[PDB]
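What follows is a model of Estrogen receptor carrying bound estradiol.
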Amino acid sequence: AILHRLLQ
Amino acid sequence: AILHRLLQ
Amino acid sequence: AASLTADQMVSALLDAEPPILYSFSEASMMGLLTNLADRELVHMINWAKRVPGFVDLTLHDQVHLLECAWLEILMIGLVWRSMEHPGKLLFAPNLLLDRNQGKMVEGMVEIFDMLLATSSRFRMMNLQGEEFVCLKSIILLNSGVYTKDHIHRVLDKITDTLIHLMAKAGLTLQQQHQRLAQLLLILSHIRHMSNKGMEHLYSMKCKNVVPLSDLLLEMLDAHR
Amino acid sequence: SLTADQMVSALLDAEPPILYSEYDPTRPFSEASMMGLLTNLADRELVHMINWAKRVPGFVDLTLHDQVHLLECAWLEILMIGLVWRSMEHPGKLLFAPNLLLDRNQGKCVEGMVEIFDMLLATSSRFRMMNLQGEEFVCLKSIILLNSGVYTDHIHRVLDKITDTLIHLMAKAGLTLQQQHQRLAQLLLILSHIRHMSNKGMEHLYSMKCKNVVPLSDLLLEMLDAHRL
Ligand SMILES: C[C@]12CC[C@@H]3c4ccc(O)cc4CC[C@H]3[C@@H]1CC[C@@H]2O
Ligand SMILES: C[C@]12CC[C@@H]3c4ccc(O)cc4CC[C@H]3[C@@H]1CC[C@@H]2O
């Protein structure tokens, strides 16, 4: 999931 | 409208 | 209306309360639910006419607010009735449905889960009946209002009434403001659930899974 | 542990910038090109939104899964309250970007969008009527982030602190005790309207996607997908 990565 | 009539 | 005291507002709203009406296959359950909704709707109209300030509005405005808010009003009613039944939705005294029975209808369990979580929220807040009727009146007057001060003055009076109830209960100033906010934020969640429910009802209508009353059909297509 | 003044300073500092659209004034709009501009803008704002959310007190303490859920639930509400705020000083128009200021007649370019424009405009008008302040706006936007997905105890404590902060701001601005709870209620009831607009907007975006009107970024597809329309 892209948002999951972006939150990091 | 029915609602119109119900409101009287 | 604007000349009522807090205690008189509360008494007016408590007296205006509608009756609790009595009520598997997918068509069976949806038939039971929509049949109930249709009968509740007739009583909702009488209730609305007794919410202080509502009859001061034009017939056009009364129609608009009820078209906007009717499913929110049915849902907050359902959540209130279900508060004392963890994991269950008390649609009627003789129709208490558990969470898994929502799977009996397509797309319904997701809506059940949202309603159950709201009921659970009410329970953890220990929502009071006096608070519940204030919130329901706010839904009626607020949900369609952005489409001029009389309604807003009435809304301010209901806020005053909620705060009065909380002061009467011994909450501190800080606790009153916090609880007022907590209650009003639940109305965002009720709006969300109404929007999802309206989409679902529209989908059932298209499939002809169930016959819908003329009134319900008109309340539905008001949401275009 | 934050005071109200510290809460406000933190939120004001965390504010994202106002971005520009890719508007090309050499050509007329089509339904497709207008949707392209709006979604291209949304996608670039989302990157800033993600970084803003990490600066909202208490948000980064949540699990990554909870952070994902809250943003998935709230992202279009947050874009919309930002738009309505930007548009306050422009009666009858929506300031999507400094180079993309649209009225309702321009909204008619896209099937079904004028109805949504009308709701956003009405909300902007309500903000104006209330004289909404910047400090109040950033509190509301943070409340949307933490509340919208919260019913799907730490978060509630944070939400209570934002309530404290709103009242503090109103008190500091000289409102009477009664005016304070009345205005607190008026502001929070706006959030019901913003939720409503987001749900309508989400259905509209889904329709555009399903008619192949506009290519959506992978991120936007996943943010839309989260709403399982
Ligand atoms: C509208 C639905 C049928 C009628 C339901 C009802 C029926 C009666 C009532 O008192 C409350 C509710 C809320 C949930 C509603 C349902 C949500 C989806 C479904 O289509
Ligand atoms: C989601 C839409 C495109 C993106 C739009 C946008 C884009 C950027 C932004 O800052 C705010 C908004 C709110 C209105 C949104 C629109 C409502 C319907 C349309 O599909």
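Chains are designated A, B, ... according to the position of each sequence line. Here chain A follows the PDB entry for its numbers: 180-187, in order, are the residues you see. Numbers in chain B come straight from the PDB entry, and the residues shown are 28-35, in order. Following the PDB entry, chain C shows residues 307-329, 337-460, 472-548, kept in their order. Numbering of chain D is taken from the PDB entry, so the residues present carry the numbers 309-460, 473-549, in order. One-based numbering, in listed order, for ligands and for the atoms of each. Heavy atoms only: backbone and side chains are in, while hydrogens, waters and symmetry mates are out.
Other chains making heavy-atom contacts shorter than 4.0 Å with estradiol (ligand 1): C. Of the heavy atoms in C/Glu385, none comes closer than 4.0 Å to estradiol (ligand 1).
The nearest protein heavy atom to atom 7 (C) of estradiol (ligand 1) is closer than 4.0 Å. A heavy-atom separation below 4.0 Å is found between C/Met343 and estradiol (ligand 1).
For atom 15 (C) of estradiol (ligand 1), the nearest protein heavy atom (residue, atom name, distance) is C/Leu384 CD1, 4.2 Å.
With a heavy-atom cut-off of 4.0 Å, C/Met528 does not touch estradiol (ligand 1) at all. Protein heavy atom at the shortest distance from atom 5 (C) of estradiol (ligand 1) is C/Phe404 CE2, 4.1 Å. Scanning all protein heavy atoms for the shortest distance to atom 3 (C) of estradiol (ligand 1) gives C/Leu346 CB, 4.1 Å. Of the residues of chain C touching estradiol (ligand 1), most belong to the UniProt domain NR LBD. At the top of the distance list for atom 10 (O) of estradiol (ligand 1), counting protein heavy atoms only, stands C/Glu353 OE1, 2.3 Å.
According to the deposit, the organism of chain C is Homo sapiens. Closest to atom 20 (O) of estradiol (ligand 1), if we only count protein heavy atoms, is C/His524 ND1, 3.0 Å. Within the 4.0 Å heavy-atom shell around estradiol (ligand 1) one finds C/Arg394.
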Go ahead and list the nitrogen or oxygen contacts between estradiol (ligand 1) and the protein that come in under 3.5 Å, distances to 0.1 Å, or just say none.
from, atom 1, to, atom 2, distance (Å)
estradiol (ligand 1), 10 (O), C/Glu353, OE1, 2.3
estradiol (ligand 1), 10 (O), C/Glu353, OE2, 3.3
estradiol (ligand 1), 10 (O), C/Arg394, NH2, 3.1
estradiol (ligand 1), 20 (O), C/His524, ND1, 3.0

